[PDB]
Colleague: 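Dropping the structure in here first, questions after.
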Amino acid sequence: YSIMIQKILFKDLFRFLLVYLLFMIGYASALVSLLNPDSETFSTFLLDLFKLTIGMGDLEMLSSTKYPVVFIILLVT
Amino acid sequence: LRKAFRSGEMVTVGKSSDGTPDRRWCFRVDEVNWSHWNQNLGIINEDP
Amino acid sequence: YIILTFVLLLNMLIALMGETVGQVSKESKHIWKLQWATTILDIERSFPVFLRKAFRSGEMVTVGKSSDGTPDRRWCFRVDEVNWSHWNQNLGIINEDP
Amino acid sequence: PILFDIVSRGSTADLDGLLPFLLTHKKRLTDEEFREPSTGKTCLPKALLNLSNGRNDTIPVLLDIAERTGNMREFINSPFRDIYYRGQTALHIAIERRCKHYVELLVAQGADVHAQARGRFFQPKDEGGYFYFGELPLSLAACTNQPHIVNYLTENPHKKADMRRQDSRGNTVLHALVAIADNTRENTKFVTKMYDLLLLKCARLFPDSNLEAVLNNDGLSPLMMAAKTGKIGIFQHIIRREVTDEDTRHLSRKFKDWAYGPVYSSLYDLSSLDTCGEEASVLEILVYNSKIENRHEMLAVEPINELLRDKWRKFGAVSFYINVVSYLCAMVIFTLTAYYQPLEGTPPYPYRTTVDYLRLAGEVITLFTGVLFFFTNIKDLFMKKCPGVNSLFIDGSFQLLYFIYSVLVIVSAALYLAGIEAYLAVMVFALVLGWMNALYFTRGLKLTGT
Amino acid sequence: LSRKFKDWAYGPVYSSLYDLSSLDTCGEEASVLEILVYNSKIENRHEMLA
Ligand SMILES: CC(C)(O)c1cnc(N2C[C@@]3(CCC[C@](C)(Cn4cnc5ccc(C#N)cc54)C3)OC2=O)cn1
């Protein structure tokens, strides 16, 4: 079991983290570039996006700034 | 309708005990073999 | 509704489990190899002809006299091996020196 | 009716009347009255098909009557007319039945040893036919594994069928031998033997020419033809062949450079494998146009895997990594340009501030990258044929996605021209698709490629 | 009294043809195929059908 934990932590966990970070950074740029009003607000909205990932969020926040439809499709994807 | 859409040919195999034709509904399959050379031959059509 | 949705999830899990993985463990290697080779060839074709000629694999070895005694001068590519079974069976005909 | 039965049972006895009759009535055996309306089959093919224990007593008598009646020539080589067997000659039947004695007896009197059997029946299996043997008597003898008939046909005092002749398709005896080549042992075992036999014989007879350098109508050659058709048994045999005899050692493709104890350094000829975009290298055809099922095994032959690895090391890794870095930087610039866009105002915006100049540089470089992606992908897609299933996973999907992303950027430009609301609808999709596409470059690393 | 004949041949291409006098009868004489697909033994049907 110790061998299993070590190999799971090292071999593929970082691989998954790299891919996951790739998609996360792409979506962060895409999502925040659409918003119309700045680094502090970027942090708040990134935290909100992470909250939506965990399963709790504010519906009005997503539809706060224009184009609700594209936001819905982006979040679904 | 089933008779109209019947698989196979109306091939004739050969003369019967009294010389009458067989005329049996058959279904052809073909193969490629490189091992046994000119072993036996096609007895029916005698032409591809 | 909920139970059947769970059943669909379970069924999808099983199908990915056996049929997909058994085949993947073998097919992924070959598909990746094909992708690697085709990217190599694409990178080659990107370069101009003269640059490709400059980066040409293999030697300019001469094999021997032709029918009229002229040299072959064929672009070859050497590979070497170690064999302990067949001893001094034939010999190197070209360099005649390692 | 009568004569066909007489000849069909091998009845030599019942041809007494025939010779007086033909002279008496000014008739010949090749006249239309004696031939099948459907196929035009004359007496001789009928006799050769109805062989009794390998020997029919009427072939010599028919030939004797034919010459005595004045028209041997028109008789020995009379083709079939039905579309299904067009061009087939009595010589084809003699060779196919595997009787050397009748092929000799038939060519001795003037049988055309070059007549082509090109009817629908004698076509590649993919084109509505059950046997394609090269469309020629010598190709028929070689393709049905009768080495003795080939040895006789090439060398006989009457008339010799040279090995360099091409059929209607352009296929020489070697393309024909590749065409029937299969990956079963029972097939390859004799395909390779006959291939080597014919090659050495043609080289010895005609020294200057190389039989393997004759291309068909499609521009392929026996090796290049076996590359894109999926024939390992003959493909690797051609690559690894070495001829020890000093007379014809020059037509070999694997030589032994040097040795010292248990260390043998040999060296393969890549005259055709790697040509550098001059003579349609075999490698490109093997990697693009080959058969998907067996490509993985064609690419593992002895001098090809090492060649690809060497090319990767020499110029493959650095260029790929430089490509990855450039793409990632371009997308970082695209993301930065998207983020800094002032959402207040209808474009085009006035570019006056240095930040506005930076944004304009980002905007223009984005379009340059988009048109570049359009340019190179369209070139690739036009260059390569449209793929199907089992090839989409290799590369198709990525050029599809790259095209979609480029199209999205192009439409983003048009909208940005006039419509304030429109252009932002899909320019974000552009970023999403681009970051999805960045997954392409994981193929360099095997762990990420899988 | 045979049920598989050899139609024709040319080199390494042999075309034979099976008799289906009883396999496929078109609902007249209790075809073997229907009995094999419905009434047969479940354990070995997969192999009878090959
Ligand atoms: C950043 C920059 C400018 O260097 C760059 C380079 N390539 C692309 N791609 C990548 C790609 C993806 C799909 C397969 C393609 C068409 C195969 N393919 C066709 N021609 C090639 C040349 C080199 C390579 C490599 N390595 C692959 C090639 C390549 O389509 C693009 O546009 C994008 N940006």
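Proteins come first, then strands; the chains are lettered A, B, ... in the order of their sequence lines, and each starts at number 1. Just so you know, ligand 1 is whichever comes first in the structure, and atom 1 is the first atom listed for that ligand. Shown: partial entry. Contacts: counted within the shown part. Excluded from the calculations below are hydrogen atoms, water molecules and symmetry mates; all remaining heavy atoms, backbone and side chain alike, are included.
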Colleague: Let me know which of CB3717, GSK2798745, ARQ 092 you see at ligand 1, thanks!
Modeller: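 At ligand 1, it's GSK2798745.
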Colleague: At a cut-off of 4.0 Å, which other chains have heavy atoms near GSK2798745 (ligand 1)?
Modeller: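 By heavy-atom distance, the answer is C, D.
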Colleague: Check the UniProt ATP-binding residues of chain D and list those with any heavy atom under 4.0 Å from GSK2798745 (ligand 1).
Modeller: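 None of those UniProt residues has a heavy atom under the cut-off.
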Colleague: Which residues are in the binding site of GSK2798745 (ligand 1), using 4.0 Å as the heavy-atom cut-off?
Modeller: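 By heavy-atom distance, that gives C/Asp42, C/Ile43, C/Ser46, D/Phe320, D/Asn323, D/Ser326, D/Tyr327, D/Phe373, D/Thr376, D/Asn377, D/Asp395, D/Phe398, D/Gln399, D/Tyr402, D/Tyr440.
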